[PDB]
Every structure is written in structure tokens, then in C-alpha cells.
Enquirer: 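Sharing a structure with you now.
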Amino acid sequence: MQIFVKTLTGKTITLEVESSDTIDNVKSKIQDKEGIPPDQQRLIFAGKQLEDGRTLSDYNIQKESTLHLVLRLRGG
Amino acid sequence: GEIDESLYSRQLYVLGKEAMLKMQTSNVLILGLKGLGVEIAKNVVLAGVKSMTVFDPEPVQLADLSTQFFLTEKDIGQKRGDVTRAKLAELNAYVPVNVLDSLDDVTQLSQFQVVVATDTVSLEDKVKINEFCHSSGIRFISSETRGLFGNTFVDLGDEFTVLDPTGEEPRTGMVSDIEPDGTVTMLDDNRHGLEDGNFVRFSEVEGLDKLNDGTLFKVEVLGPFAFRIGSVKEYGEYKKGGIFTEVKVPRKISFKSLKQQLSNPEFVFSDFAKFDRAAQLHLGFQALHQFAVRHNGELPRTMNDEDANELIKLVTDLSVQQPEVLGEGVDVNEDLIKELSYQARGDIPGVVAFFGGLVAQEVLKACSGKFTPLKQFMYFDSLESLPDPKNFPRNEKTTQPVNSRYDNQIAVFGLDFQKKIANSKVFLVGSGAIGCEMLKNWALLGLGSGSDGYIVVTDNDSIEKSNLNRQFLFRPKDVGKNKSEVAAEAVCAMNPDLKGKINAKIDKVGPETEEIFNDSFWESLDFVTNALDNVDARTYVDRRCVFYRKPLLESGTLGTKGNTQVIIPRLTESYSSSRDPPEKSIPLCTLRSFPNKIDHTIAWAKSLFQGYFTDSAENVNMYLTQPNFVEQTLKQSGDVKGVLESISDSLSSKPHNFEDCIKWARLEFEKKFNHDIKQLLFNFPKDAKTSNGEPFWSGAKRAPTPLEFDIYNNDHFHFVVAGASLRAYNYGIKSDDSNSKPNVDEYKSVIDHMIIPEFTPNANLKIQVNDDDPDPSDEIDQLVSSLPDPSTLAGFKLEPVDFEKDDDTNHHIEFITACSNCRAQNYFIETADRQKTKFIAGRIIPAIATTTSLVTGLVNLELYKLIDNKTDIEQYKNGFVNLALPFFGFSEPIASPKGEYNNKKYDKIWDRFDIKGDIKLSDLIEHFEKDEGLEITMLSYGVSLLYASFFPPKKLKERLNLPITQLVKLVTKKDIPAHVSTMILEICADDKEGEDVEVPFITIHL
Ligand SMILES: *NS(=O)(=O)OC[C@H]1C[C@@H](Nc2ccnc3cc(-c4cccc(SC(F)(F)F)c4)nn23)[C@H](O)[C@@H]1O
Ligand SMILES: [Cl-]
Ligand SMILES: [Cl-]
């Protein structure tokens, strides 16, 4: 299936995945596309931050779901 | 066409000159000056629009003070508009603020480009005003807050052009091939970073010449390293070279009217976990108005059941009339609507701040076409903020007005909870942008105004002019004073309940101030809130919060982007548990020899600046005042030869007047932009080839060309002026009654009489090509014998330059800009202006008040959760925003990782072993085996090993009988300072089966 990853700068990434896939996996597909190491990636979906152990099923991620890749900022 | 950079500097890096120029031709009208209206207005006036006009002829009442920080009790009975006007005016001298007396004549709306309708304006009147606006090209925005709920609606008309959807730097990149079908391959491993449907232009593409003419090409992304632009065989055939630059094209969009949208709304979601709620609230908000029509302007009574059921029924009727909002077979969420009724009169600071920031930014979008507007409705709630009714019962008695400014907060949370807020003890780290907003919010909460409460705020910085653009507590007359102190005073004028309750300190947090910010200070607090501008500080506060077990409310911004995080004792990860992307380093060879971007020439120039005017001076002063210096340098410097040449040159040259400084700077121009370039070219001529026979100067290596000084060139001229002026300052030489602007003809007569020595190559010099390949005593002895004896120069001092990005008269950015651009000319890189150079060299963070208030609002809604000591992680919200998009999303915090040793479960972040007193080593080891089932294997204080189970008997007899303080003295040869009240010890240990197991750390309480 396809899912979408929207970044905090408005970029849209498309991914080919399976709900059996791990978050670890998804992070590495994101690494392939954007060059961002997995340990720097914050993915959120439907009120939860996705964690390394789990699967796409564990967060209930359907086809054409959008996940958000977000950041923390240093200004203040 | 003129923008005050000294005021607007940081906002300008967010919005841009064009957007701000349109903003300054836009007249804005705000209807309603309760909290929401005044928050929106504050932000828009700070941002700088041609004029702000406010309308609100209703008398001030005590309850209006819940969120309207510019009303005082003395204002009661007078009109909101009139009383607020002057205080908004003081925020920005460039923006007049007027009061519209009467809006009986809707025709008056024609004077304005953007009209905003807040919570004070009826729905019936909103639809009328919107129809007037929409049909005559006036941009319309509305917003309403009701308790912990809120919305906003945007209608920019039938024709609106978005000029830039995101505000991001255009992508850019180097190209290595373009095939006939249009497939564009990036150079090496560089990522183009484009998205399908982006547009790009090209330059330097050899063999396709009309492809460089400015034509745009639509992008088809193939992978991370290639995109396609459509056939190019009609333009020629690619040879080499090429740089693509992304272009944002304009986009025309249409809005519907408020009326059309009431029954077919287009939603943007505030939180995707809550999406099924937007339609329901959309019904509910309309119902509050129907309700008011039937009850003579009045909203539902606070916590009242009869009225809530009336609202539930009004909503039910509405879903029949607007079948399209819920859709087919979706029931009215009755509990939601009941809460909306219950809270309809609530005026909550955090929610007002959230909408005030958001809606202010939509106003700026509407004036400018910068950023993507909200299209068209957004609804929001923060219901998770409600305390557990077990601890704080909510009902008609507890929530009733008490005749105080807090009555409409009480309306939601109840009196006892509001009193608990007043008795909180809080530390605020920072009094800048977040800091000022935070203290305003706290003033409105009455936080710390109870006899058991207080606020401490610390910040060592003083108020600079650009601060005034987003630190709304400061005035032009406060410039130079201390932020924390002025801020504290300002918020007491806003709410006198805090008079005497804010301790404003001028200390920086960190390891050096732990005597001030000590055990007793920290243990006394309920929680800590950050308001900081860098990561190391946030990390330090996070560590202390872990150690003292205090919650921490974290936030941050960068332009339109922002985030919130909560760190809760014994529940979540801490700030330092996770990593953020680090700043990418430029390779050394790229800076030194092969720059291809202005970022590179700026870094180079900044460093030359340091060396010329700061480092070389500091060195000379050390050498003249430290009789061991030369000996000290030899053993300990990495670069010895450099330090000694910099002293030698600083003392032989020794100018006597300004004319000599001109000469030094001209010769520096020749060395840096002529000779060094000819040298690099001696080692690698234009046509030179690599090992495989490919051209050396390709891709990132751009073949330079030496400069012939030309005083009519701005960069050449300013290099000399700024370089001479700074040299002069180093040597204490008066600049030319320097109030005088520098004169071209004057400098030219000096430069024209100079003999500029010719370049001679050096065949010894080898230049480092890649960073991997390594490269660079009797000249040193020679260089020492050349140095003047220090008693030759008695009382001679050089004055080092302390870099200051924000003084336009001091020559610093003048120099770096000119020095950068001269090297840019060398390498055919586009030169940059002072603003851009200042942004890069000065590491300036883009910043605006809208994002700052919104994010602060979000923090103050998590704050409510701490007051209730919530232990259910599912209740807390880390937030992420970009107002440019606009985007809001939230996530439940991550749990602290847990461990186990033996049968004991522990928190890997938060748990420790607390030991009372200066315990003896043997007693400690024994306590752990007897009480914890742990055989200590290794025990350490910082860097130093105090005990290890492999220690043989002689060594153990030395240590086992020592208290920990003495054990440290034995090992580190160093005392424990008097003031130190705790010591952290790390341990490794084996469990009851003799296996190594990860365990908590130990705190020794002395
Ligand atoms: N975003 S803003 O408008 O620029 O305002 C930000 C505030 C925060 C201030 N900085 C500040 C205030 C109080 N204490 C500290 C400590 C530090 C700091 C900075 C760098 C390194 C270190 S040492 C370490 F990491 F703690 F070990 C400490 N910054 N503090 C500004 O003054 C501004 O007003
Ligand atoms: Cl109303
Ligand atoms: Cl921009």
C-alpha cells in the first residue's frame, strides 16, 4: 500500500509499505528518500509519536494515511 | 519602499521585504477588543501594517480582564476600544491605532483591506459583514473562543494569489548531466530535495543555452538524485556544468462566503486525533449564536444543564438543516456539545493566545500573499486540560462568579483549582520572546499571586532594539535595561495581584551558578518552564529537572515553526532523551580553496575577520604581559608558526595614522583576492586534469580568477574602508572625524600612489585537495629572534574587536560582507548584501510574535495538567506547528524507559539511590548488597574510579574505611568545595545470579 509522509516544511514523501512493516523499516525508507538518520526522525500520527519497536498495524495506519515528520526548534 | 531593519531585523528574515512592504500598505480593522481581539491586534501592530483600527464601544467589565491584558480595574465602565487604543499604539510607533466609533454604516468597511470579526460580533452581523467584504474585495477573517474551545474562519474572496506557499529557501543544486529526454542527474551524492510539481530554472548549463534564459521547468522526481524536466533535444545537447534553482510560482485560489461555508464547510484540522470533532463543534458554535438570539444576547449559563440540553437540541436541528456537515448516519456528540455549553462563557489565556497568534498570522497572509492561507474553517479544543472532577468538582456552585478578574477562568476550572494556580511556585528560564508571552499568560492566570506562590524569572541579557518586534513588554525607552527586570514590572502593571511576587534575577543558569540556583531553590519549586534560545541551555535545565524531580515545560520557535514538549517526573522521557538534526559542517578544503556557495565565502570572511581584528590583538597582548608566553605557546599550541607570525606582523607593520591603515587594507586585498588566487592557479591551472584524465576544476571546484582592485566596485571599496577602520581601532588611531562618510576620491589618492608588489609563485607550496589527504624547527627559532622584546613596547596595548552583528556603524558586517563578496567575485559566486550576510555570519534566528504567542499559549494549556498532577501520559500533548502551512499536530509524550534488576523495576531516567550523609565506602557497598541485592563492581565520581571489585587487598584496605568525600580526595588529589551539598556516583553492579545489570545512579546527600 501507499502512505504519505508530510514534513514540517510542507514536503510530501510517498512510501510503498505493508501494515506488517516496522516503524524501524519506515524510518529507513524515509532515510533512503530524505537522507535523515532514523534516530533524528520524529514521526507522529493520530495523536501518537511512532516508536521504534512497533508496527504500522499497532498505530492503525491504513492506506493513504498521512504521517507527519516533525522537529523541535531552538528559537525562543 | 523603506523598512526599518534595526526594528524588524528578525521578522524580516521570516516574511521578507516584499511581504512587509505590502503589509505597510494594508489597513486592518478589528471588531471586538476583549482578549481575543487585543491579542490579534497586538501581534498585527507589532508586525507592522499601514494602520490598525479597533472597534468596541462596549463598557469594560471586571470579567473582561480574564484575558485582556491591557484593561485595568480603573477602566471599568469606560469603553474597551477607547481604553485599549493608546496601549496598542505604544507597541509600534510606525502603526497608527485608531478607534472606529460606530459601525451603524457598513459602508465604512470600504476603508479597510482586512476586516477581522471576533467573539463580540453576532453570527447574523458576521454574515452581513462578510457578504459586504466578499462582494467588494475586502479580506475577511473571524475567530471565536469559548472556554477551552475555539475556531477561526478565513475568506479572502474570489481572487487571491499566494506568492510563496511555505516561506522556505528555494532548493538549489549542482548538476552533472542532462539527457535528451530531460533527465537531470545531480552531482555525486547531492540530493535535489525537490517534490513532484516544483518548478526550477537553470544557469551555467553548457550546451543548452536557452535553458539558462530564466524559463521554468516542471519537475518530475525520479529518485533522491535525479529529476526530469521534459525533453530538451530542441535546446541543444548537454556538455557540462549547471546549477538549478527552484522557483515558487504564483497560485490563484478561491474562497467561499461565510454563509456558503456554514453549511458546506472546508476544514483544516487543529489535531488529527480529534478530526471527527470539527464538524460537531462547527454545529455547536453556530448553535451558541441561535441560543443567544433566543435568550436576548445571552450565552448558556455556566455548568447549566437545562441550557446544555437546549444547545444539544439546537445542534440536532442544525444537522437536519445542514445535512452535509456530519454526513450520513453520524450522531450528534452530545457530551462534547454539553461541555461547549458548560464552558461557553469561559475566557482561557492559553486558548486566546493560540488563536491570537494564528489569526494574526492569517491577517498577515491576507495582506501579502506570503504563506498558504487557512482554507477555510479550523476548530480546536484542549479538553484534556480539565482537571479530574474527583480532585476539583465542577458544578454551578464551584464555577460561579466571585466578582474577580478570574471569573471567566473560574467558569471552567472552578474556584479551588484557580486558587491552586495562584499558589504555585514557578521558575522561568528566559525573559525574551517566549519569556514575555509567558509572563503575560501567567499574569492573566494569577499564577503565583497566592500567599504560598511565587514566580522567579532569570535572564542575564539586556534589551536590544530588534527585541521590541516580539517582546511586547519592552518599550524603546527600556533599551539597555535588563529583560527580566523590565518584564517583571510590566506584568505587575497588567495584574497587580503579582506585585511583590515576581523575583526577577539577572543570572544565567548553568554549572557556574549552582551556588545561587542550589538545592534549596530547586526543591522548593512546583515546576520549571523554559524560554530559551539555545540547545545547550535547554539540556542543562532538563538535567536539573531530572535530578530534582521537577516537571519541565519546554518550547521553541523558528520563524513560523514551533514546538512544545512536556517532561513529567516518573512518567516521560526528558528533553535530552532524544536527538535533533545537528548543524552540517562545511569541509575544510571547501572553505580554504574550493568554495561554491556564499555560505562558504561568508565563513571564510568571518574567520579572517576574527584573525585580523580579534585573535591577533589578543595574542599580542598576552605576549606583552606574560613573560612565559613564548615558551607556553611552543609546547601547547597546535598552530605554533601561525601564532608567532601574527605577533611578528602585528608589531613590524605598526601604522602611525589612518593613511597607513588604508595601505595595509589594500595590500590585504592584493594578498587575498589576487596573489593567493594566482598561487592556487599555479598549482592547478584552469585546464589542469585529475588522475583519470577528467578536468580538475569541475562540479564543486569552480576555477577562480584574480581581482584587479577597482575602487568603483562596491565590495572592493568597502573591503578597504572597513579593513582600514578596524585596523585603526586595533591600533587606537582616530578614524577620519569618522562621522564623515568614507570618500572615494580620498581613498583613491592614497591607493593610486602605492607601489603594489608583483606576484611571485612559490613552487614549494602544496595545497590540500580532499580532507582525507593530510598536509601543513629552525624557521621557528628565527621567528622567535625576530620578536620585539616586550620592554620595547611599555604600556602598548592592542584593542581587540568584539564582534557585534547589530551595530550598523561599527564596520563589522560591512567588512565581512565585502570580504565575502570579493572572494565570491573570485569564484563567480553571486554576491550577497548586508542583510543576508548578517543573517549567516551572525547566526540570527528568524523570529516573529505570532508563532511565539501561539506556542506559548499551547504551553499554558499543558500547565493546567501539572496543576492536577496528571499521571496518565495519554492526557499530555507535545505539539508541533508551522503557521505558514498552516499545520498543527500533537503527540502523546514518550514513556520513560524502564529496567529491572532482581525483582525490582525502576525508571531509567528518574530513579536513583538516595544516600543520607557522607557514608563510608564499606557501608555503602554493604548497604547495596543487603538492601538491594547488588554486588557493586565499579563506583565512580565523574571521571575518576573510586572502587572496583578487581582491586587487590592492599588497595581495598586504603579505601574501604573512607567516607566518600575522603575517598574522592585520595583519588583526585583535590578537595570537595565547601558549598557542594550533593555528589552523583555512577555504578556498575552484579545481581543475585552474578550477572552485570544496568541500575540507577546514586545521589550522596552531604
Ligand atoms: N528566544 S529569545 O527571544 O531570543 O529569548 C531567549 C532568552 C533566553 C536567554 N538566555 C538565558 C536565560 C537564562 N539563563 C540562561 C542560560 C543560558 C545559556 C546559554 C548557552 C550556554 C549555557 S551553559 C549550559 F549549557 F547551561 F551549561 C547557558 N542562556 N540563558 C536570552 O538572554 C534571551 O532573552
Ligand atoms: Cl456572542
Ligand atoms: Cl522568506
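A note on names: the letters A, B, ... follow the listed sequences, proteins ahead of strands, and every chain is numbered from 1. Just so you know, ligand 1 is whichever comes first in the structure, and atom 1 is the first atom listed for that ligand. Just so you know, these numbers use all the heavy atoms, side chains as well, and skip hydrogens, waters and symmetry mates.
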Enquirer: Under the nomenclature of UniProt, which macromolecule has the greatest contact count with ligand 1?
Expert: Ubiquitin-activating enzyme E1 1
Enquirer: Under what name is the drug at ligand 1 recorded?
Expert: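 It's recorded as MLN7243 (bound form).
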Enquirer: Any idea which other chains have a non-hydrogen atom closer than 4.0 Å to MLN7243 (bound form)?
Expert: A, B
Enquirer: Filter the residues UniProt lists as binding ATP in chain B to those having a heavy atom under 4.0 Å from MLN7243 (bound form).
Expert: B/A433, B/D459, B/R470, B/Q471, B/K483, B/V509, B/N534
Enquirer: Which residue and atom hold a covalent bond to MLN7243 (bound form), if the model includes one?
Expert: A/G76 C
Enquirer: In the PDB file, what molecule name belongs to chain A?
Expert: Ubiquitin-40S ribosomal protein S31
Enquirer: Point out the residues of chain B that UniProt assigns to Mg(2+) binding and that have a heavy atom under 4.0 Å from MLN7243 (bound form).
Expert: B/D461, B/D533
Enquirer: I'm curious which residues sit within 4.0 Å of MLN7243 (bound form), going by heavy atoms - can you tell me?
Expert: A/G76, B/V429, B/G430, B/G432, B/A433, B/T458, B/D459, B/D461, B/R470, B/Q471, B/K483, B/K508, B/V509, B/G510, B/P511, B/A531, B/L532, B/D533, B/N534, B/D536, B/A537, B/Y540
